[PDB]
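Structure record follows, encoded as structure tokens.
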Protein chains: 4
Amino acid sequence: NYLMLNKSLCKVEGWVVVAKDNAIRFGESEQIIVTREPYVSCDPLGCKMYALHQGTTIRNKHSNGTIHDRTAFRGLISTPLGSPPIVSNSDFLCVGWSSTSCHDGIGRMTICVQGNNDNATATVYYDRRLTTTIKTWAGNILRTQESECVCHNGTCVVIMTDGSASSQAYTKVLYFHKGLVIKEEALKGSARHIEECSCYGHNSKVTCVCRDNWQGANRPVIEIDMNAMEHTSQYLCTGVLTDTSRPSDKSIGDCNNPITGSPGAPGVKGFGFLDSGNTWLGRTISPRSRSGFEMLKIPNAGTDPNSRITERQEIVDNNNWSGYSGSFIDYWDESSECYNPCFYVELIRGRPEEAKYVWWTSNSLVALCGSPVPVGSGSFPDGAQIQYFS
Amino acid sequence: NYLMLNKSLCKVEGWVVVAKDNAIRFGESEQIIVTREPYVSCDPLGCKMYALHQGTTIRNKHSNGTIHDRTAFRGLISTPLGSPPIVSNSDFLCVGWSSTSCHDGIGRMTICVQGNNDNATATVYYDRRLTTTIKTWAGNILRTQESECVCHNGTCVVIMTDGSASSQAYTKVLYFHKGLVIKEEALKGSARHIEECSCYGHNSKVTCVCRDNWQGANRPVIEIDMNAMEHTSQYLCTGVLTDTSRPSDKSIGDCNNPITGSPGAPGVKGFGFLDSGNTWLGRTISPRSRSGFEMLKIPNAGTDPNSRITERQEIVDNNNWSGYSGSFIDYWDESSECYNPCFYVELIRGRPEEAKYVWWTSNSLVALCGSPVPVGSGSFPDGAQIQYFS
Amino acid sequence: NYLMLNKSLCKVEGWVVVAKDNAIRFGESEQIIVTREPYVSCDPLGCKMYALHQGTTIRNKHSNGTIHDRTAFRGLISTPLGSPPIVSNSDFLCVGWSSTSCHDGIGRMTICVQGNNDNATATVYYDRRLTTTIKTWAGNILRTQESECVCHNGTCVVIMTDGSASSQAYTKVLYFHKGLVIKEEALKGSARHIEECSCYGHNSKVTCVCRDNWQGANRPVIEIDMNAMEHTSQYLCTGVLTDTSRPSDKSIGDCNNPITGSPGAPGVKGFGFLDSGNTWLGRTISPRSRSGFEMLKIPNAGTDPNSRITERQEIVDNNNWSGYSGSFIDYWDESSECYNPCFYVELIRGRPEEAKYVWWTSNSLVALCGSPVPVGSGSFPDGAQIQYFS
Amino acid sequence: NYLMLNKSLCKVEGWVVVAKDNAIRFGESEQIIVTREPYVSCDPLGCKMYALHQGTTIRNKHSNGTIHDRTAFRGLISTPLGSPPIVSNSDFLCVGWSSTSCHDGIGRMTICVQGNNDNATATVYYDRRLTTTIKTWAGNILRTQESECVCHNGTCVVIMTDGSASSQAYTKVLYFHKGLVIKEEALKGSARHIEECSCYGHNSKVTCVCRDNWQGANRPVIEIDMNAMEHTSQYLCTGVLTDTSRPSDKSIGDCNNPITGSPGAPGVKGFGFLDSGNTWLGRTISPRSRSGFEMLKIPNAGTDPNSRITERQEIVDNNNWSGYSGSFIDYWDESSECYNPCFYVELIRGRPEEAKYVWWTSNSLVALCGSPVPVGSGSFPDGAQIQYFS
Ligand SMILES: *[C@@H]1O[C@H](CO)[C@@H](O[C@@H]2O[C@H](CO)[C@@H](O[C@@H]3O[C@H](CO)[C@@H](O)[C@H](O)[C@@H]3O)[C@H](O)[C@H]2NC(C)=O)[C@H](O)[C@H]1NC(C)=O
Ligand SMILES: *[C@@H]1O[C@H](CO)[C@@H](O[C@@H]2O[C@H](CO)[C@@H](O[C@@H]3O[C@H](CO)[C@@H](O)[C@H](O)[C@@H]3O)[C@H](O)[C@H]2NC(C)=O)[C@H](O)[C@H]1NC(C)=O
Ligand SMILES: *[C@@H]1O[C@H](CO)[C@@H](O[C@@H]2O[C@H](CO)[C@@H](O[C@@H]3O[C@H](CO)[C@@H](O)[C@H](O)[C@@H]3O)[C@H](O)[C@H]2NC(C)=O)[C@H](O)[C@H]1NC(C)=O
Ligand SMILES: *[C@@H]1O[C@H](CO)[C@@H](O[C@@H]2O[C@H](CO)[C@@H](O[C@@H]3O[C@H](CO)[C@@H](O)[C@H](O)[C@@H]3O)[C@H](O)[C@H]2NC(C)=O)[C@H](O)[C@H]1NC(C)=O
Ligand SMILES: *[C@@H]1O[C@H](CO)[C@@H](O[C@@H]2O[C@H](CO)[C@@H](O)[C@H](O)[C@H]2NC(C)=O)[C@H](O)[C@H]1NC(C)=O
Ligand SMILES: *[C@@H]1O[C@H](CO)[C@@H](O[C@@H]2O[C@H](CO)[C@@H](O)[C@H](O)[C@H]2NC(C)=O)[C@H](O)[C@H]1NC(C)=O
Ligand SMILES: *[C@@H]1O[C@H](CO)[C@@H](O[C@@H]2O[C@H](CO)[C@@H](O)[C@H](O)[C@H]2NC(C)=O)[C@H](O)[C@H]1NC(C)=O
Ligand SMILES: *[C@@H]1O[C@H](CO)[C@@H](O[C@@H]2O[C@H](CO)[C@@H](O)[C@H](O)[C@H]2NC(C)=O)[C@H](O)[C@H]1NC(C)=O
Ligand SMILES: CCC(CC)O[C@@H]1C=C(C(=O)O)C[C@H](N)[C@H]1NC(C)=O
Ligand SMILES: CCC(CC)O[C@@H]1C=C(C(=O)O)C[C@H](N)[C@H]1NC(C)=O
Ligand SMILES: CCC(CC)O[C@@H]1C=C(C(=O)O)C[C@H](N)[C@H]1NC(C)=O
Ligand SMILES: CCC(CC)O[C@@H]1C=C(C(=O)O)C[C@H](N)[C@H]1NC(C)=O
Ligand SMILES: *[C@@H]1O[C@H](CO)[C@@H](O)[C@H](O)[C@H]1NC(C)=O
Ligand SMILES: *[C@@H]1O[C@H](CO)[C@@H](O)[C@H](O)[C@H]1NC(C)=O
Ligand SMILES: *[C@@H]1O[C@H](CO)[C@@H](O)[C@H](O)[C@H]1NC(C)=O
Ligand SMILES: *[C@@H]1O[C@H](CO)[C@@H](O)[C@H](O)[C@H]1NC(C)=O
Ligand SMILES: [Ca+2]
Ligand SMILES: [Ca+2]
Ligand SMILES: [Ca+2]
Ligand SMILES: [Ca+2]
């Protein structure tokens, strides 16, 4: 029952919300687990939300200090898609402060990276059993995708980075079978820096849209042949810039070099679906802050430096906080002849942005899937009144 | 294993309570989810309560403002029948502020309507996967039944309305197979306005008892042939008026026109079971407010304008709040040769009626099923002391 | 897979605790459901605690007034044996203020009695579906066992009473098949009053030890032939009195008449296992109040008026509150050649006895099973500090 | 499907964290169950945490006094590995204040010891049904392993002790089949006192590393032949002392006699894996207090009195509290040709050590598994700020 990526992407004319956990609203009174960098992964039995918990709930004195990325009290949880995460409905999968997870059609592989900054180790599980460990190779925050990996013919591909966040680093493309590394390649191609890849599968290939945290406000792209287990890397061709922060959009993009100019923030995790005319990119509305979120239809954004926005859908209006965004697909919808693009938006609340109200940072989640036909409109922000928490 | 509606309704001589979640009483301390417009739907594995949550619990500061019908923080939950809804026992099914759900014998179809008032879209799921989307066709609060739909031979019928709440609107009768629209008809017949249909199946047909929010205090009725997938509409014939608000009962009803005179409130969701002599209608006891609830036996209420009440059972006494009511049936009770009529009553607490005590509105649920033999008596109100919440 | 009562009782030399939910201790902070009159019932998949909830938790303002026996907010819950009951782990089975439940080997039958005092109806379920209703026949608190019923060859026997609590009443022995009454007998024999029977099965028979709430401090006994579906009734023969309240033990008991003299309280639910020399009776230690609990070995207590106590085990010491007690047996322990006697003790806290500390009454549960070999000793009281709740 | 111990231990070059429940951090607000002496046990369907609860949660007034070891309100719970224990996710398995549990490949056997200090009885369950009881034989706190037992060919071995904690006592090696004792041996060999054995299986044998609470700061060891069901006992040979408290390490250890000198505390539960060069022992970092935890690689520690530490991994740094530690193995990882050593560390918080902050004592849990390859580093302490609880 190994997943074979034998399908193309569905045409997407618009997006609808399939899940929204409202975690922060509920978190005002219920024991909602403090989380960040969430994502969604499906498998033959359904879909679940995944997130990095902070070993505390919101209305808990330990919520103080949760802006920090890496502690010994972090781990990966999965909770039913659409539900806010509480202890009672959450599966504690592994311990660590960076993660990825995916199902190969028979078993789920999940990875957590734990330990000190200079001496970290990735813990790899298959079917919920420890299978292998991978030591830091650069000695500086070994880290991975923060969204679902993708599998094909029993092999799952994972993108990991080790080394400096703000200059040249050491990224590897890893191929796993049953939670064991069977092949590794150092990053090839023109992408100068790779972080937090959002990946999806199609026709025996995997496309990853990533984060250049070094120089680029245009997103790097990794292309993987899953049968040959080889890859190459590049940048998106559009001058429509979709990282944050970023300068104004250019008339002409650069397929092979990072476009610089970014005001301050070096990056945010994002995604895109590259399918010629059926090409959609995600983007914070603010070019400076993680506020708002919009889906842009940009035909051939992956190949044409003169590509332009043709359609736009607002997901979160610019008066509200967003954050990470990543791709996922139900690869086991056997009643559809195509893979339907889906994505999630992390809705970050608290610090640093709301430091005057609150000592914690957490997030809620909204998840969207594509429709081949025109849809209506609507904004889906976090919805909590932060003052309630002061 | 497709459900075939090959049975008639059981004779009902009286009603007994099968479930009562006591949500508001529990909500005084436990993290009960704030809800409204609930219902019940069965399937081969059992029955569950369905409701529209408000993205908060009662003892949560976000409970303030929950009188509002449509927000981005609303969604559909299912919880085990009889239990009050908390995060731990609730399945978050879709996002939206109007819904319906039913099982076809093999898979469950559920529908949520989400988005802005003028630009709404229905999201349709089959077996918990997004299958189709339906855009607003009138551009004014696309909306549906707020109780279970009904299926036959793999086809499920749904009633939806789009347009003005207080004048002529655009109602469609939709036929689904595996979450895909296979046929649509504009409303036919003499019913002038259709809202919030309560439907049940019998002998390859579906009967819907609805809400005329425009002119009528007598309830419109939709009759559907499930094999031909055609329908017609009408009003109940009785002069015993069962909407709220309503004027006094008339000696002679009108099978083909709305009976006007209503004091204030234009309508409330209700139901009826039309089976000749075995005909029962539901009704708030107050003709002005959503207080009390009574079951009335009115032989041939669906066909005879001179029909009269012959039996009455009080369900909720007039010193207590009620609200919506709708029909449901366990269509998979294979040990019975007949379909037993069941119904639920929404017990609304808080605003607007209890505005001086509280800033929220939510509801509890009581569910009843029929008995072919005389039963005893009893009132089953919400049971919370609203002052405890001040 | 119908249960056939083809086994005898195991020899019991002593008792050990298999479950203790500590509900009141936990109830100091956790949302423990307020309950009373609990019991235990097994089936092929395991054992669960059953209880009558009060539609509230302890640390909830609605806990005020829970001394009252019959409200519209009462129902039957089942929770995993050994766990304290919370909403998250409890199955809300039916609505009512008196109940019984048992598994026939294929399906579980459960019964709740609901409604007004003079107009009550029993609701009967089989495999969690409403099957039949039974109207009050005497018009005064139709009521039943408050512990598990027993089944044989597809037929389950239930004892119900309707009428006066303090004088002659109308008790029926009912035989059910798949939640349908197939036979009823009026009480026969010398027992003058029957309440709250504790029943167990053995060798195609059912023995019930009950409560004479009228005259007798000695317990009435009902003997049922399950193949013939006929019964007879009697009193325990011992002069060792095991109801509460009761006068001092007599040298000579009465097999056929109630022994009077009771100080105040007319009765409490209790049990016994009648197996010649292997005969054990339960008993509050105080002859006046529901405090303490002790198991007494009284050979031939069921047949010999000169029977004497030979062994004694203290379960709850006399400095602590007890309450109801009843019998249960795992009839699906296929690895044992005998049915092992088990019983539960209801540990009542709050009113009326602790009225000066608290406005609620609830209970915790301790459950014991027999051992064919000598065991050690120990007291297992509720364990809550009632002052914590003031 | 009986487990056959047909495998050897995997080589371990280092340890990674697979689970950390963060119970005390969560316990600041969520209803976390108060526990101590936890452990981990696997079976064909996965792994779960086991612990002795105290019949209360942390933020509960009944948490006051939980330093006491033995009450009637103690029992054994199992909760999903990695999750903190709450009522909603915990299985209440038996009642008592000492326990062990293991799966034989077909059914789980679990044991609780309950009752008074001089008159205790072990309750034994197989497949969650009471199977046998074992009365105290020395009349002084009958007690057992506080970690998982081990099974082979349908037989599970358990180590129990009865008698004085601070002098000669009466230890038995018990062999169970389906929860029935089939063989018992009095302790043989040179070990003078045996408490709280940590056991693991390998090649049809079981090795237990225990606690000499009488004289020895070096750990006693029990060797069991599982086919012959015979055992012998000894001490670890190393002069590297791994009990607490303990004097400084000696150059030469004693294979056959306890090494004395211990400052104060007579012992703590610990473990070791004895596999020649692949030999690892656990140890509190402080030789006086239960603070810190370190894994030491000591080749042939079980056979060579001149054995030395060669590798060391810090698990919990010496600024943090630890406690018990024990061994466990997933014996049903069929994709590995070897049994991978795993262990847990109990992280005790509260009294006696933090008596000035708090009136309770509880623990959190961290669980580690081996890796055949070098890993990174990191400390994994409890992580709660005890001042938050004052
Ligand atoms: C959340 O955690 C932060 C950090 O612990 C808390 O802020 C800190 O509060 C302490 C007082 O409890 C401040 O300590 C002070 O430090 C100065 C030196 O900077 C010293 O001279 C004083 O005697 C005092 O000890 C500390 O400065 C302050 N830190 C910051 C960054 O403001 C905060 O109060 C916590 N929030 C809640 C709601 O508890
Ligand atoms: C539940 O929500 C309502 C609405 O937010 C709260 O009522 C509102 O309370 C605010 C004060 O916090 C009032 O604001 C005032 O508005 C007037 C103008 O109308 C302005 O001149 C004042 O300076 C002040 O800002 C607001 O009027 C009031 N709204 C209503 C409709 O009464 C309510 O307090 C909330 N309940 C709880 C328990 O928090
Ligand atoms: C639990 O519920 C009981 C019953 O409602 C509460 O006791 C009652 O408290 C009210 C005051 O809130 C008393 O009302 C008084 O009644 C007298 C006539 O008897 C009237 O003249 C006074 O003006 C006043 O309204 C009532 O007597 C009293 N009932 C009893 C039996 O004492 C009790 O306070 C509740 N407990 C908690 C903790 O809220
Ligand atoms: C946790 O439990 C302990 C033990 O019950 C509490 O400490 C105790 O507090 C009581 C007062 O409530 C003290 O009682 C006093 O005893 C002396 C004789 O020793 C007597 O002369 C006084 O009249 C008074 O009754 C008791 O000494 C004290 N025990 C200890 C060991 O300090 C403690 O307060 C509880 N913690 C919390 C937060 O409630
Ligand atoms: C899917 O994976 C299998 C296993 O790796 C591939 O089949 C193997 O192909 C190699 C040669 O390329 C043979 O030596 C092995 O014996 C094959 N294994 C089996 C089990 O048949 C297969 O080629 C892969 N599919 C694709 C499309 O590449
Ligand atoms: C139940 O549904 C099936 C499928 O729609 C109906 O069977 C189809 O009937 C049409 C003609 O009306 C044929 O062309 C199809 O080939 C049939 N499909 C199958 C799978 O047999 C069937 O008629 C419906 N039942 C009723 C009573 O109307
Ligand atoms: C167990 O129950 C079955 C069903 O009631 C009994 O079998 C029936 O016996 C009657 C005569 O007594 C026959 O007329 C029926 O045809 C039988 N039914 C079946 C399905 O065989 C059976 O006798 C009962 N067992 C005992 C020991 O009394
Ligand atoms: C595993 O256990 C079984 C059962 O105890 C052992 O098989 C038994 O061996 C005895 C003689 O030693 C025979 O008398 C029994 O008839 C056997 N029972 C069965 C079911 O075959 C078996 O020897 C054990 N395995 C090992 C390796 O010792
Ligand atoms: C360490 C570099 C990495 C990518 C730039 O930083 C990320 C920045 C993130 C951010 O920009 O919000 C927060 C992430 N938690 C962090 N990842 C880790 C493992 O700490
Ligand atoms: C928008 C018209 C519609 C039917 C009249 O209003 C209903 C009135 C209801 C009512 O009268 O209580 C509340 C319902 N939540 C609402 N439905 C929606 C989708 O908002
Ligand atoms: C109504 C008579 C009946 C038996 C004497 O009273 C019982 C007394 C019980 C008791 O003595 O504690 C409380 C029970 N809840 C009650 N049963 C019902 C249905 O109310
Ligand atoms: C009774 C002797 C026994 C072993 C020394 O004491 C243990 C000491 C333990 C300890 O040193 O922390 C606490 C354990 N809870 C206790 N075991 C029991 C059953 O009480
Ligand atoms: C409805 O939403 C779509 C975006 O999906 C937008 O193009 C369209 O203009 C909207 N219609 C109205 C009336 O706002
Ligand atoms: C019992 O209830 C029925 C209604 O179901 C009613 O007709 C009857 O009069 C009631 N009996 C009494 C005595 O109240
Ligand atoms: C142990 O308990 C039994 C009761 O089960 C009792 O007979 C015996 O005397 C007790 N032993 C001691 C030493 O208390
Ligand atoms: C990483 O951890 C190992 C222990 O597992 C240790 O031997 C090594 O020195 C560490 N490396 C660094 C750079 O700290
Ligand atoms: Ca960037
Ligand atoms: Ca109307
Ligand atoms: Ca009596
Ligand atoms: Ca020692």
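Alphabetical chain letters, starting from A, follow the order of the sequence lines given. Residue numbering in chain A adheres to the PDB entry, whereby the residues present occupy positions 1-390 in order. For chain B, we keep the numbers from the PDB entry: what you see runs 1-390, in order. Per the PDB entry, chain C residues shown: 1-390, in order. By the numbers in the PDB entry, the shown part of chain D spans 1-390. Side chains included, hydrogens not; waters and symmetry mates left out as well; all remaining heavy atoms used. Whatever order the structure lists ligands and atoms in, that order sets their numbers, starting from 1.
The molecule at ligand 9 is the drug oseltamivir carboxylate.
Per the PDB entry, the macromolecule making the most contacts with oseltamivir carboxylate (ligand 9) here is Neuraminidase. Going by heavy atoms, the other chains that come closer than 4.0 Å to oseltamivir carboxylate (ligand 9) are A.
Binding site of oseltamivir carboxylate (ligand 9) at 4.0 Å (heavy atoms): A:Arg36, A:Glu37, A:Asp69, A:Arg70, A:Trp97, A:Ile141, A:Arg143, A:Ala165, A:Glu195, A:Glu196, A:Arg211, A:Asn213, A:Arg290, A:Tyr324. Residue-to-ligand polar distances keep A:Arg74 apart from oseltamivir carboxylate (ligand 9): every N/O pair is separated by 3.5 Å or more.
Considering backbone and side-chain atoms alike, A:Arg36 places an N or O below 3.5 Å from some N or O of oseltamivir carboxylate (ligand 9). Inclusion of A:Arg143 in the set of residues having an N or O under 3.5 Å from an N or O of oseltamivir carboxylate (ligand 9) is not warranted. Oseltamivir carboxylate (ligand 9) has no nitrogen or oxygen under 3.5 angstrom from a nitrogen or oxygen of A:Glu146.
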